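Entry below: contains avibactam (bound form).
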Amino acid sequence: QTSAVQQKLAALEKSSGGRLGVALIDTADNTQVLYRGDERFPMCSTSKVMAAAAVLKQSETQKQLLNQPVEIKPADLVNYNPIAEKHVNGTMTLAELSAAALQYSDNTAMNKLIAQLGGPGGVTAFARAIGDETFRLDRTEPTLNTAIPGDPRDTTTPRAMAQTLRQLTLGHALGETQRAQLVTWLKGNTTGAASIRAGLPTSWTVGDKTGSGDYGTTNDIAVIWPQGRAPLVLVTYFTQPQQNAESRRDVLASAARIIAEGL
Ligand SMILES: *C(=O)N1C[C@H](NOS(=O)(=O)O)CC[C@H]1C(N)=O
């Protein structure tokens, strides 16, 4: 019941001063490694994968949805808007908003995705439609990042997020073109090199989405293509007891290294 990898993650967690959640799926054999795999964690920016995937699903039944313009007004800007601020009083397409949300983690872009789905509950509804009974999105940006201990809003579990990420990127939750677009976007992420990627050999290819929030919450969810192996799906969630705790991306890298060394 407690594997060697689980014992190592427990030792990492003990030295980290926070709470660590890990779910690995190895698609070479569909085996799973779970650490606090059924405990809820605040998703923060990693929830953007579900919102972008839901808009990709919408695009399966709409000619050129991704080219549809969305107006960006000054009042739409929130706390972190590296792409959207360039387009205030103009428009961005849903493809541009999806890329900005995933690759630059633009929070104004994420709010446009949420609105395109009918609000946070529309993102949750998409999760349910692809078999994820755990994910819940409750708020918009930026308050979905409050990451308060014990608060179920805007949370999921590592087990559920790993299974969902596998279905979206490697399975058939999306159509073929849409799945390929999602993987292309994730592989072009700009924010991930200090997190899961840092713990892996340079030769392994990664597409990922990071997140962070209050309580020193530090997250990453990744699809990994190891050299000479079938892909892996890896979720590393981390959160700490005090609201102003510092980020700990090194803990995510350490967890990824333990997983890689255990394969
Ligand atoms: C998402 O977690 N956020 C938006 C942006 N994400 O960048 S990260 O993925 O590199 O952390 C800034 C942090 C965070 C937020 N609190 O809005």
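In order, the residues displayed for chain A correspond to 25-57, 59-238, 240-252, 254-290 in the PDB entry numbering, which applies throughout. Note that ligands are numbered from 1 as they come in the structure, with each ligand's atoms numbered from 1 the same way. Only heavy atoms go into these numbers, but all of them, side chains included; no hydrogens, no water, no symmetry mates.
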Item to complete: Give, per the PDB entry, the macromolecule that holds avibactam (bound form) with the most contacts.
Response: Beta-lactamase
Item to complete: Name the residue and atom at the far end of the covalent bond from avibactam (bound form), if one is modeled.
Response: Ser70 OG
Worksheet entry | Per-atom contacts of avibactam (bound form) with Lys234, taking only distances under 4.0 Å to non-hydrogen atoms | 9 (O)
Fill in: Under 3.5 Å: N/O of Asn104 near N/O of avibactam (bound form)
yes
Discussion item. Considering non-hydrogen atoms of the protein only, which is the closest contact for atom 8 (S) of avibactam (bound form), and what is the distance?
Written reply: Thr235 OG1, 3.3 Å
Discussion item. Regarding avibactam (bound form), does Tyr105 bring an N or O atom to under 3.5 Å of one of the ligand's N or O atoms?
Written reply: no
Discussion item. Between avibactam (bound form) and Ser237, is the shortest N or O to N or O distance under 3.5 Å?
Written reply: yes
Worksheet item: Is there at least one pair of N or O atoms, one from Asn132 and one from avibactam (bound form), spaced under 3.5 Å apart?
Response: yes
Fill in: Binding site of avibactam (bound form), heavy atoms under 4.0 Å
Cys69, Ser70, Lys73, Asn104, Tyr105, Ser130, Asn132, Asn170, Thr216, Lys234, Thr235, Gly236, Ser237
